[PDB]
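Entry overview - Prostaglandin reductase 3 with celecoxib in place.
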Amino acid sequence: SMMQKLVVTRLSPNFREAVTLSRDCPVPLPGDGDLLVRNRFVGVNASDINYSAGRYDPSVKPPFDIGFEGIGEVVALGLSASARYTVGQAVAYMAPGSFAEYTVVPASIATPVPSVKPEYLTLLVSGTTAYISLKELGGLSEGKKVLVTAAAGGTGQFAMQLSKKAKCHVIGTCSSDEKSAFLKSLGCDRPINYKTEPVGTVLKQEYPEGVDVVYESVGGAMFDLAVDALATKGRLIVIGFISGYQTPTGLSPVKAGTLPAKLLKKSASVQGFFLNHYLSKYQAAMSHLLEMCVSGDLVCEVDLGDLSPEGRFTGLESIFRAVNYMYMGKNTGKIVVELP
Amino acid sequence: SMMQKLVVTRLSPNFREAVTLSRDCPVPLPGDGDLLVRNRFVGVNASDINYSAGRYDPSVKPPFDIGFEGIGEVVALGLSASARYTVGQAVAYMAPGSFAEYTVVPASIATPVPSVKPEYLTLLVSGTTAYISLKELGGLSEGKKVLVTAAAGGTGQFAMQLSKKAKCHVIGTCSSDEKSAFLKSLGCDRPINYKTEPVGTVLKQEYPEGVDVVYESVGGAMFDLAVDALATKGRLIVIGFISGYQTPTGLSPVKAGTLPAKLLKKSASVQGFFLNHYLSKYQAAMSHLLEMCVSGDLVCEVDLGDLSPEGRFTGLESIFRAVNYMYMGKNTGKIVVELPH
Ligand SMILES: NC(=O)c1ccc[n+]([C@@H]2O[C@H](COP(=O)([O-])OP(=O)(O)OC[C@H]3O[C@@H](n4cnc5c(N)ncnc54)[C@H](OP(=O)(O)O)[C@@H]3O)[C@@H](O)[C@H]2O)c1
Ligand SMILES: NC(=O)c1ccc[n+]([C@@H]2O[C@H](COP(=O)([O-])OP(=O)(O)OC[C@H]3O[C@@H](n4cnc5c(N)ncnc54)[C@H](OP(=O)(O)O)[C@@H]3O)[C@@H](O)[C@H]2O)c1
Ligand SMILES: Cc1ccc(-c2cc(C(F)(F)F)nn2-c2ccc(S(N)(=O)=O)cc2)cc1
Ligand SMILES: Cc1ccc(-c2cc(C(F)(F)F)nn2-c2ccc(S(N)(=O)=O)cc2)cc1
């Protein structure tokens, strides 16, 4: 009857500053097309702080709901919805307002899953971004060289594995030897711990002919280095620029004045990807990801914060600590919060 | 005998200060697989001043030859070359050192043409660049919105027409009402004189959903504006940035600190194109352009300087005048120089 949820109360890229835990909120009811989902696991996303900062609709003022993705059970559903879905059914979704004990979700955008496991939630945003971007924009083929940044992260792990399944040679960047060992176990050809080995040196000394594809999530100096490392007809996909999201503009500084000249001289491209522009591809991607997840052909690494200082990310209140864990570079795989 | 040719004697983007007219040069002799071409028309190219600046191979010291393209008669040729070519035959080529009375050209890269006309020379660099870039990178299809910058120039006129033949809606920028009237005669849907109409405002008011493809060859403020005007999944092709080539570095200033953010938010791309990376496509492009030019299906506008202050661009010495004419923005169509004989 009553539930907790996170609410953006003030526009800020600092999540603690922007977001309030409300305690005594009414449990909303599903429309005729709508499911009501008991959230069991919610995904933490780099762009949670872009959403809290208001960078999606700068018209929209607080208060508003937050959280992009959830997995759980249908507890209620409208009549139309009850054609395809039933109460107690395991479902996952990508829709704003997952950071709640219960969320209303249009049946038309729900993904049926085999059970409530956090591994299936890793696919909804992180998996589908890597799958659709690389398939529509990567032009991957046997022997291509792929650089993946934030390679041991939520979406990074999927860029790494999908590139390997395409029989590419894969380089992955990360901030620890533990993360390097994770990348090697995923079949990464050249893991780089950029804390102990300068990435620019590795690419100069081991990849003098450069790389065909960059899955670039980090921005700043990592972007500039990826541009310099492009082969003739190379493709840098701008997945994100996490290094800038905490700043007041949300932008990371890049050497952009000489960029059009570098791309002309290499016949090379910088291509942006936003998942919400490729929804016509989402169903097929999520189906193929699930088949690989269930079969064990795809590692779907989940970071529930068990080895963090204050331990497992349990409850809505743990989302503040889980966002900080991400921005401290501490996670291996997808950061997930459990609502028990 | 002896001949005249232009030589780069000093690296600089200032063409007049980089390039000397030699008068005492020996006519080179063709090898077994070579043509010796007597140049009748030579092409002037925005990037002649990047070449004189040494920006292509920054290892190569002066002196070296210059000029990218020629059309003329085979006056001598090697025995193996005589399998495909005959003395007296009309040929065109894209190879360095066209700015000479006579140029040695491998038979393997020469294009046979129906006669020595300047219209055919327009296709070699300007025509093939627009054709190959838009076919390989444009994703043109019916109803796509195409913005062409320098649309009344050498390559611009082809980007404009080839986009109209792909059934696209086409916007063209140029600096005069005469140039705007030339664009309207090519079927341009929306000529813009950017001197008398703010381009940014036209695009915002008349194309609020944005443009699907930009053929961008100007750089600077025009590049910034083109990025802002891109539709969702829009494609900006960097053909060039002529606004920068006279500068010490050859670069034009852009306000592109936010470029990655804008491309991510629109799922849009910025794609470089260099003709020399796509030579496996050149022969098919040139064959198709030639068919359309001979049939009258394609306007191949030539600017021989007949309405410039000092009149027709005649002789190698007129190349200095022809380059200044381009960089003053005066030309309609391809700037060609005639070497009469
Ligand atoms: N375009 C789209 O539709 C879309 C969708 C999903 C995600 N993304 C993007 O993908 C990227 C990764 O997001 P995610 O949610 O999956 O997170 P994540 O990669 O699981 O975690 C972020 C990782 O990035 C690195 N990092 C953190 N703070 C950093 C900083 N200040 N500077 C540099 N590196 C830093 C750290 O790994 P290291 O050990 O490697 O340093 C950290 O583990 C983000 O840019 C996000 O916006 C975009
Ligand atoms: N990527 C490749 O392989 C390749 C191959 C060929 C050509 N290109 C590029 O295509 C572009 C056009 O070259 P082109 O030889 O065909 O010349 P063009 O367009 O026939 O002549 C240049 C035109 O650009 C405009 N312009 C000239 N100086 C300018 C300046 N300082 N600032 C702004 N606009 C200026 C003028 O037209 P307006 O009336 O419109 O101002 C002028 O008529 C250049 O960037 C060239 O490098 C590239
Ligand atoms: C300054 C700035 C700009 C973009 C982003 C960003 C990152 C991401 C994502 F998806 F990569 F995670 N999206 N995303 C984003 C995407 C679309 C919009 S939109 N539709 O309001 O213009 C707004 C933000 C962040 C900060
Ligand atoms: C600083 C700078 C550098 C390059 C150019 C430019 C323009 C053009 C052209 F042909 F497209 F018009 N090419 N072109 C160019 C392209 C590639 C090379 S290369 N040999 O390094 O790959 C060399 C020159 C302009 C300014």
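Sequence lines map to chains A, B, C, ... one by one, in the order shown. By the numbers in the PDB entry, the shown part of chain A spans 22-361. We number chain B the way the PDB entry does; in order, the residues shown are 22-362. Whatever order the structure lists ligands and atoms in, that order sets their numbers, starting from 1. The figures that follow rest on heavy atoms only: side chains count, while hydrogens, waters and symmetry mates do not. Going by what the header records, the deposited coordinates were determined by X-ray crystallography, 1.8 Å.
- Lab note - all copies counted, celecoxib located at ligands 3 and 4.
- Those other chains that come under 4.0 Å from celecoxib (ligand 3), heavy atoms only, are A, B.
- Other-chain residues and nucleotides with a heavy atom under 4.0 Å from celecoxib (ligand 3) are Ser68(A), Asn71(A), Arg76(A), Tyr77(A), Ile260(A), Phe262(A), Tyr266(A), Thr270(A), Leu272(A), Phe295(A), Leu285(B), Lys286(B).
- Not a single N or O atom of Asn71(A), backbone or side chain, sits closer than 3.5 Å to an N or O atom of celecoxib (ligand 3).
- What sits closest to atom 8 (C) of celecoxib (ligand 3) on the protein, heavy atoms only, is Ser68(A) OG, 3.3 Å.
- The distance from celecoxib (ligand 3) to the heavy atoms of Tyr266(A) drops below 4.0 Å at these ligand atoms: 7 (C), 11 (F).
- Close approach to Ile260(A) involves these atoms of celecoxib (ligand 3), each under 4.0 Å from a residue heavy atom: 11 (F).
- Close approach to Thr270(A) involves these atoms of celecoxib (ligand 3), each under 4.0 Å from a residue heavy atom: 1 (C).
- As recorded in the PDB, the organism behind chain A is Homo sapiens.
- Close approach of celecoxib (ligand 3) to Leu285(B) is summarised as follows: ligand atoms under 4.0 Å from at least one heavy atom of the residue are 11 (F), 13 (N), 14 (N), 16 (C).
- The single protein non-hydrogen atom nearest to atom 21 (O) of celecoxib (ligand 3) is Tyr77(A) O, 2.4 Å, given as residue, atom name and distance.
- Using a 4.0 Å heavy-atom cut-off, the UniProt NADP(+)-binding residues of chain A near celecoxib (ligand 3) come down to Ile260(A), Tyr266(A), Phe295(A).
- The protein heavy atom nearest to atom 2 (C) of celecoxib (ligand 3) is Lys286(B) NZ, 3.6 Å.
- Scanning the protein for heavy atoms near atom 16 (C) of celecoxib (ligand 3), the closest one is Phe295(A) CE1, 3.7 Å.
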